[PDB]
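Structure (with oxamniquine).
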Amino acid sequence: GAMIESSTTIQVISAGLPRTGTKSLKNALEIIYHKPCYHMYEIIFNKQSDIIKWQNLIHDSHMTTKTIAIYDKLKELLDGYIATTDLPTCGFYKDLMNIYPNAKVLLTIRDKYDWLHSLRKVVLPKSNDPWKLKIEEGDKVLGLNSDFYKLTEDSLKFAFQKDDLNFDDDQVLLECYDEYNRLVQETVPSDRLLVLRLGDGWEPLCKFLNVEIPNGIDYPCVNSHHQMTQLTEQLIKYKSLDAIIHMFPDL
Ligand SMILES: Nc1ncnc2c1ncn2[C@@H]1O[C@H](COP(=O)(O)O)[C@@H](OP(=O)(O)O)[C@H]1O
Ligand SMILES: CC(C)NC[C@@H]1CCc2cc(CO)c([N+](=O)[O-])cc2N1
């Protein structure tokens, strides 16, 4: 159809948790809107200076006048982006809805056991898993320290609305997953919500957003734990991102 001039502001709020296809969705939204989408990748590879701001925001966000100060920081962080996905943003979906009243909301979901397994390989390995040491070695190469891991934990706790959380307990996480997804579908008006199951592809997304399907471009399939294992190993081998970045065309 016709080309229209789209506003550069948050148009889509994705409430889906990490390891539910948020990076493919990030890529898909950038393909559609030709402007950046927020993601943890954005923080890691472009705005590491944002880490302390999100930490500060989450610190303050257990609390009107205080709220507008929070909302204004949210707005600042997201300036120039057309959508949000993944931690740390997904836990703020209700506030993002107030701040951007004309934004639509997405929920990415998948089989809960697949989600947990993926989360253990990439985001939250058990502390006694030898792989955790490899993840940490690789993360140092990227310039990520304990503050980054703190942001991940605090933003997970914030999304799950838990004051603390036994990260090593699979049953706890599985139940938090189910409750989170459930709560989203109860909070957001069905008029304003689309639930995307992994594998659903362009069609239901583009219909929701009133856009044509990108011509000839397949719906992204990136950020598998196998690919992330390969990246970790390469990072440890070459000791830099820029030495290997050409081998991971997604980034
Ligand atoms: N188009 C697609 N179809 C099926 N699975 C997809 C997909 N895009 C991403 N995924 C899966 O979504 C997960 C990544 O999610 P996220 O980007 O939120 O971290 C990965 O799961 P696995 O680790 O099980 O392979 C990846 O395989
Ligand atoms: C060793 C190296 C490969 N680590 C980099 C990866 C990149 C993907 C990723 C994604 C998330 C959430 O999307 C989190 N997270 O919020 O913890 C951590 C990481 N870490």
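The first residue of the sequence shown is numbered 1, and numbering continues consecutively from there. Atom set for the values below is all heavy atoms of this structure, side chains included, hydrogens, waters and symmetry mates excluded. Just follow the structure's listing: the first ligand is 1, and inside any ligand the first atom is 1.
Within this structure, oxamniquine can be identified as ligand 2.
Tallying contacts with oxamniquine (ligand 2), the largest count belongs to the chain named in the PDB entry as Sulfotransferase oxamniquine resistance protein.
When hydrogens are left out, the protein atom nearest atom 3 (C) of oxamniquine (ligand 2) is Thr232 OG1, 3.2 Å; that is the closest non-hydrogen contact. Close contacts between oxamniquine (ligand 2) and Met228 involve ligand atoms 3 (C), 6 (C), 7 (C), 8 (C) [criterion: under 4.0 Å to a heavy atom]. For atom 14 (C) of oxamniquine (ligand 2), the candidate residues are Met40, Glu136, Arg19; the nearest heavy-atom contact is made by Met40.
On a distance-only criterion, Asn223 and oxamniquine (ligand 2) share no N/O pair closer than 3.5 Å.
Of the N or O atoms in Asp139, one or more lie within a sub-3.5 Å distance of an N or O in oxamniquine (ligand 2).
Under 4.0 Å from oxamniquine (ligand 2), not a single heavy atom of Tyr149 appears.
Taking a cut-off of under 4.0 Å to the non-hydrogen atoms of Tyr41, the atoms of oxamniquine (ligand 2) that pass are 8 (C). Near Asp86, with a cut-off below 4.0 Å to any heavy atom, the atoms of oxamniquine (ligand 2) are 12 (C), 13 (O). Shown in contact with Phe148 at under 4.0 Å from a heavy atom are these atoms of oxamniquine (ligand 2), numbered in order with element: 18 (C). Heavy-atom proximity to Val123, at under 4.0 Å, picks out these atoms of oxamniquine (ligand 2): 15 (N), 17 (O).
Considering both main-chain and side-chain atoms, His39 never comes within under 3.5 Å of oxamniquine (ligand 2) through any nitrogen or oxygen pair. By the criterion of a heavy-atom distance under 4.0 Å, neither the backbone nor the side chain of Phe45 is placed next to oxamniquine (ligand 2).
Counting heavy atoms under 4.0 Å, the binding site of oxamniquine (ligand 2) comprises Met40, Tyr41, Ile44, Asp86, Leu87, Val123, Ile135, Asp139, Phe148, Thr152, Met228, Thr232.
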Oxamniquine (ligand 2): which protein N/O atoms lie under 3.5 Å from its N/O atoms?
residue: oxamniquine (ligand 2); atom: 4 (N); partner: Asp139; partner atom: OD1; Å: 2.6
residue: oxamniquine (ligand 2); atom: 13 (O); partner: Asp86; partner atom: OD1; Å: 3.1
residue: oxamniquine (ligand 2); atom: 13 (O); partner: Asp86; partner atom: OD2; Å: 2.4
residue: oxamniquine (ligand 2); atom: 16 (O); partner: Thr152; partner atom: OG1; Å: 3.4
residue: oxamniquine (ligand 2); atom: 17 (O); partner: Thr152; partner atom: OG1; Å: 3.1

